[PDB]
Colleague: 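This structure holds calcitriol. Let me ask you some things about it.
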Amino acid sequence: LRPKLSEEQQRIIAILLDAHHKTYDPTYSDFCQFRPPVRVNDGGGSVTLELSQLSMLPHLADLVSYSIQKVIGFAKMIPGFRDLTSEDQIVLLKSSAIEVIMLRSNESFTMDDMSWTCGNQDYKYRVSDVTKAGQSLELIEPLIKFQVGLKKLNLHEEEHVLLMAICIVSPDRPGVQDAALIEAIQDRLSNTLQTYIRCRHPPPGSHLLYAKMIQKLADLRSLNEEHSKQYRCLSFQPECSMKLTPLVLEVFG
Ligand SMILES: C=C1/C(=C\C=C2/CCC[C@]3(C)[C@@H]([C@H](C)CCCC(C)(C)O)CC[C@@H]23)C[C@@H](O)C[C@@H]1O
């Protein structure tokens, strides 16, 4: 069976596409406003040197902080999100922030050279640039594999935005009060996605794709946990707080 998208479902997709278009600048034109990226000579991938300098942290922390703000904006536009209490809204945002950033970054990720390309060389982020931000390969390598796998799904933008929405509105986040309401909202979203794939996504991908996308959400949980572990280590570095931002400190602290 391939039930047609209901008027409500079509409206949901429209709202999410619009929300994404208003919160994700494909030209990355604001990036020049972030603290400048600095790339020290670390061909050896020296953890000691990376931690001593954290040369790329101010820039990437600003990029992440900026992205969290955009995600907050996107989330507020998710149909039903505002029906939740502010406490639940914040619980969901803080817990999904890094995951949505990883998902949305797939738009700048390119398999041409396995980097996040957001402009000229200055705004091209490679594994080496992330390690220069004090991040561990224990996180970055799996992150890259995740990006490639997500790339290969060749998601329509409709699927991309629905996946980010579903990621955010997850009832199984620690601290949520009204898990029931959250699940109802997510189910409305998941049903839209499943319905969209079944009647709009041409094979060989008409089906099976929903399962692959849901698996990505599971992968994201592991990446989230891995990032939290690495962020903790990074936080031990003296003077690190100044290289981050208040929003970043709050979300991951
Ligand atoms: C942000 C966005 C972009 C890229 C994402 C990247 C590339 C650089 C390194 C990042 C920011 C990863 C880092 C492991 C996260 C480190 C954060 C912290 C220093 C606080 O522990 C996660 C996603 C990666 C650019 C654009 O796609 C908008 C998107 O929204």
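The first residue in the sequence is number 1, and the count goes up from there. We count ligands from 1, going down the list as the structure has it; atoms in each ligand are counted the same way. Basis for what follows: all heavy atoms, side chains included, without hydrogens, waters or symmetry-related copies. We read in the header that X-ray crystallography, 1.8 Å was used to get this structure.
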Colleague: What name does UniProt give to the macromolecule most in contact with calcitriol?
Modeller: Vitamin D3 receptor
Colleague: Check contact between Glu107 and calcitriol, using heavy atoms of the residue and a distance below 4.0 angstrom.
Modeller: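 No.
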Colleague: Backbone, side chain, both or neither: what part of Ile140 comes under 4.0 angstrom of calcitriol, heavy atoms only?
Modeller: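 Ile140 to calcitriol: no contact under 4.0 Å from either part.
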Colleague: What is the closest protein heavy atom to atom 5 (C) of calcitriol, and at what distance does it sit?
Modeller: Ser105 CB, 3.3 Å
Colleague: What protein heavy atom sits nearest atom 21 (O) of calcitriol, and how far away is it?
Modeller: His227 NE2, 2.8 Å
Colleague: Heavy atoms only: which of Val64, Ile98, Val130 lies closest to atom 9 (C) of calcitriol?
Modeller: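 Comparing heavy atoms across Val64, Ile98, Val130, the nearest one to atom 9 (C) of calcitriol lies in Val130.
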Colleague: Calcitriol versus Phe109, non-hydrogen atoms closer than 4.0 Å: side chain, backbone, both, neither?
Modeller: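 It is neither; nothing of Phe109 touches calcitriol.
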Colleague: For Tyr24, which part has a heavy atom under 4.0 Å from calcitriol: side chain, backbone, both, or neither?
Modeller: side chain
Colleague: I need the contact type for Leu139 against calcitriol. Using non-hydrogen atoms and a strict under-4.0 Å cut-off, is it side chain, backbone, both or neither?
Modeller: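 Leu139 to calcitriol: side-chain contact only, backbone stays beyond 4.0 Å.
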Colleague: Among protein heavy atoms, which lies nearest atom 2 (C) of calcitriol, and at what distance?
Modeller: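 Minimum-distance protein heavy atom for atom 2 (C) of calcitriol reads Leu63 CD1, 4.0 Å.
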Colleague: Quick sanity check for my notes: UniProt domain of chain A with most contacts to calcitriol?
Modeller: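 Most residues touching calcitriol lie in the UniProt domain NR LBD.
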Colleague: Working on a figure here: which residues of other chains come under 4.0 Å of calcitriol (heavy-atom distance)?
Modeller: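 Within 4.0 Å on heavy atoms: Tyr24, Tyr28, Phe31, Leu57, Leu60, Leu63, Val64, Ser67, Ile101, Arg104, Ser105, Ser108, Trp116, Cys118, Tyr125, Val130, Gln135, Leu139, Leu143, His227, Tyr231, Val248.
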